[PDB]
A.B. asks: 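Before I ask anything, here is the structure I am working with.
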Amino acid sequence: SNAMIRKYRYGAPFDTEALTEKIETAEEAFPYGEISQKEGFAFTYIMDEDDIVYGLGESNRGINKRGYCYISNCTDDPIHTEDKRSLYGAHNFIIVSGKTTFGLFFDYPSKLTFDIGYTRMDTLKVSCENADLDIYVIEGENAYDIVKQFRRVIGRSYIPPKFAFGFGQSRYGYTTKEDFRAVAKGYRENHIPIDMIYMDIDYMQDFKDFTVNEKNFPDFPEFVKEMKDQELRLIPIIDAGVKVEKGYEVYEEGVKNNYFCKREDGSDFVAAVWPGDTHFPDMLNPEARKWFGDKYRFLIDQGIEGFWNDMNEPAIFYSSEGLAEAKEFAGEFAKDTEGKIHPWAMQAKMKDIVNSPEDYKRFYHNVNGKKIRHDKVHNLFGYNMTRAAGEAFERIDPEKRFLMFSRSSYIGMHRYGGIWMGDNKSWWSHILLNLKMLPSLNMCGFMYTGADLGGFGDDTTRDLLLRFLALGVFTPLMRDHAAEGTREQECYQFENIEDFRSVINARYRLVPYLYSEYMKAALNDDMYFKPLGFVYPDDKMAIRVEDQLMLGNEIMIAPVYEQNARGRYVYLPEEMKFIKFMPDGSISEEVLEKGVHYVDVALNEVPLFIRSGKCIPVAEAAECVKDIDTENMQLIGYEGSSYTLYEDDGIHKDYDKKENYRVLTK
Ligand SMILES: OCCN1C[C@H](O)[C@@H](O)[C@H](O)[C@H]1CO
């Protein structure tokens, strides 16, 4: 069993349950580089100058990770600039690819530093404070094989309901029924396809998890039905923090049953987030997990079929301890007359209390009757929150798939939900960031993923949103989302709405193909998006391409990500058909041979490339997933080619039936 994977154990590792496959502890010396326990733990490896390093799932910068530093330490940071070392995810899988090729999974739940050529260009160094971890070494002939080995042992990826392959609209600010009705009307009356509207935190009663503002929604199930009758499914948010409030059932049950994270003295740790003071459910405690997950029944019973989990790093605006320190410092500042306490020292203190490393040392988890300080298992919180929900869905309705995705994650969580790429910005560079994160996430098991289209923070423009949407066409999560106070970002808020209808039409025409590829990849522990080097390993030009991706085994995508651009350069590793969905509803095709090309792609055109000897089915445009006609779709691509289409009811879990597959021949 497991010939190509070995597990090297150091110290007394916390069981993260990342792997579903049990691997015995190897007894020989670590097989690559050098291991040191002199100062905590460190792995050091000298790379060949041609080596490529893949992996790290949701992390900064590019597909080839060489040339910077990455720290796995789930952090709420809304400014994703090139300098940042830590985002929301901790995905500790890397592959060194070159003359010598191997994969490593560092199963460690705390702060883990990947120095990938940052300090010295030839040096890979992975280090942490405590030598209590399992390291899995995965052997293979090439990077792709190694990923496929890893994907097997971590267990099958989460599978969403088919409606989740539609388009979704979201905004931090939708509050009332009139707000949601205006979104519904803005899309439906302009014939723009859409299947989901997300409800952000304002739908709750005073930000209380598992409540609904009954002044705004006096009969919430009727409203959910009003929307669902128009094939619009409401997707509400759930946050990590449970408001401290007398008589609020979730809070009262958590205190009484000791389901919250505690301080050293056993009192319930107070974290201030949106509701003000809150407690955090002890996500690492099975009983607390079951309790918290069960609460989703509150919304499910009202007709809700999907959720998103937010703030689950967990984010902290301040603790009671931090606020007191802050107010004391402020007092000294206010009465200084000697210029001893400067305004930036005050400013620094205010910043310091947010997501404070000290705060993460102030609370504990109850695991196996043992108290574990949170910092030591920090990266497992978001993971276990989403696990709580996922495990509850199986108890609540085991026949049914629910839409579920989370902000923070760790490998293992991919079994229970997807992720969205968090708080990006209305920056052109974030289209590229969205693109590059995709294959890396697929390597670590996270297939259902995407970014806030148009950009979350700051102000978008008509053309940025259109180019963002055109990449979104291909990402399983396709959601336009925007921050409070930003320029309105709904498709109907711009001139010439027909261009938005055109781009989102392309998504819906491609839904049968994209869903089919997702399912075939998920069911077979394979990738939906792949770097070119996985498909064309013998092409030195191909292995270094980072702004094109292969999807399934049929197509390649290459989005435009420059403002004012009317096309872009591409490298084709084999002959392909260059395809564009045109604003008049037609599909243009042009055969292009292997090599470098500049392709013209207008703002309202959606491009893709179909590989030699392949074809894909394309449906006529429909305005919701339910209405897509998959009976005799048109086949686009090469004569003589065939395609195996996976199709099921999109709702239940009857995956292994011959009726789910049909061969289409062009
Ligand atoms: O502190 C902010 C909390 N949230 C962060 C999420 O990333 C974002 O998508 C969401 O709109 C927002 C409000 O719910």
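Positions are given from 1, in the same order as the sequence printed here. Header lists the method as X-ray crystallography, 1.7 Å. Any value given below was found using the heavy atoms of this structure, including those in side chains, with hydrogens, waters and symmetry copies removed. One-based numbering, in listed order, for ligands and for the atoms of each.
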A.B. asks: What's the drug at ligand 1?
C.D. replies: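 The PDB calls it miglitol.
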A.B. asks: Just trying to sort out this structure - which chain has the greatest number of contacts to miglitol, name per the PDB entry?
C.D. replies: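 The chief partner is Glycosyl hydrolase, family 31.
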A.B. asks: Who's the nearest protein heavy-atom neighbour of atom 7 (O) of miglitol, and how far?
C.D. replies: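 Sorting protein heavy atoms by distance from atom 7 (O) of miglitol puts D423 OD1, 2.4 Å first.
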A.B. asks: Does any N/O atom on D200 come nearer than 3.5 Å to any N/O atom on miglitol?
C.D. replies: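 Right, the criterion is met.
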A.B. asks: Under 4.0 Å from a heavy atom of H481: give me the atoms of miglitol that qualify, with their elements.
C.D. replies: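 Numbered from 1, miglitol contributes 8 (C), 9 (O), 10 (C), 11 (O).
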A.B. asks: Have a look at miglitol and work out which part of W308, if any, has a heavy atom under 4.0 Å from it: side chain, backbone, both or neither.
C.D. replies: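 It is the side chain that gets close, since no backbone atom is under 4.0 Å.
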A.B. asks: Would you mind running through miglitol and noting each atom that sits below 4.0 Å from a heavy atom of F456?
C.D. replies: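 Listed by number with element, the hits are 8 (C), 9 (O), 11 (O).
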A.B. asks: Numbering the atoms of miglitol from 1, which are under 4.0 Å from a heavy atom of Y172?
C.D. replies: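 The atoms of miglitol under 4.0 Å from a heavy atom of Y172 are 11 (O), 13 (C).
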A.B. asks: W420 heavy atoms, cut-off 4.0 Å: which miglitol atoms fall inside?
C.D. replies: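 Answer, ordered by atom number: 6 (C), 7 (O), 9 (O).
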A.B. asks: Please could you name the atoms of miglitol that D310 approaches to less than 4.0 Å, counting only its heavy atoms?
C.D. replies: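 Taking each heavy atom of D310 in turn, miglitol has 3 (C), 4 (N), 5 (C), 6 (C), 7 (O), 10 (C), 12 (C), 14 (O) under 4.0 Å.
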A.B. asks: Quick check on contacts: which atoms of miglitol are under 4.0 angstrom from a heavy atom of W274?
C.D. replies: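 Those qualifying, in numeric order: 1 (O), 2 (C), 3 (C).
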A.B. asks: Does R407, backbone or side chain, put an N or O under 3.5 Å from an N or O of miglitol?
C.D. replies: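 In this structure, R407 places an N or O atom under 3.5 Å from an N or O of miglitol.
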A.B. asks: Could you help me figure out which residues touch miglitol at a heavy-atom cut-off of 4.0 Å?
C.D. replies: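 The heavy-atom site around miglitol is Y172, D200, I201, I237, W274, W308, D310, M311, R407, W420, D423, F456, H481.
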A.B. asks: Give every pair made of an N or O atom of miglitol and a protein N or O atom lying under 3.5 Å apart, one pair per line with both atom names and the distance to 0.1 Å, or write 'none'.
C.D. replies:
unit_1	atom_1	unit_2	atom_2	d
miglitol	1 (O)	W274	NE1	3.0
miglitol	4 (N)	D310	OD2	2.8
miglitol	7 (O)	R407	NH1	3.2
miglitol	7 (O)	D423	OD1	2.4
miglitol	9 (O)	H481	NE2	3.0
miglitol	11 (O)	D200	OD2	2.6
miglitol	11 (O)	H481	NE2	2.9
miglitol	14 (O)	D200	OD1	2.5

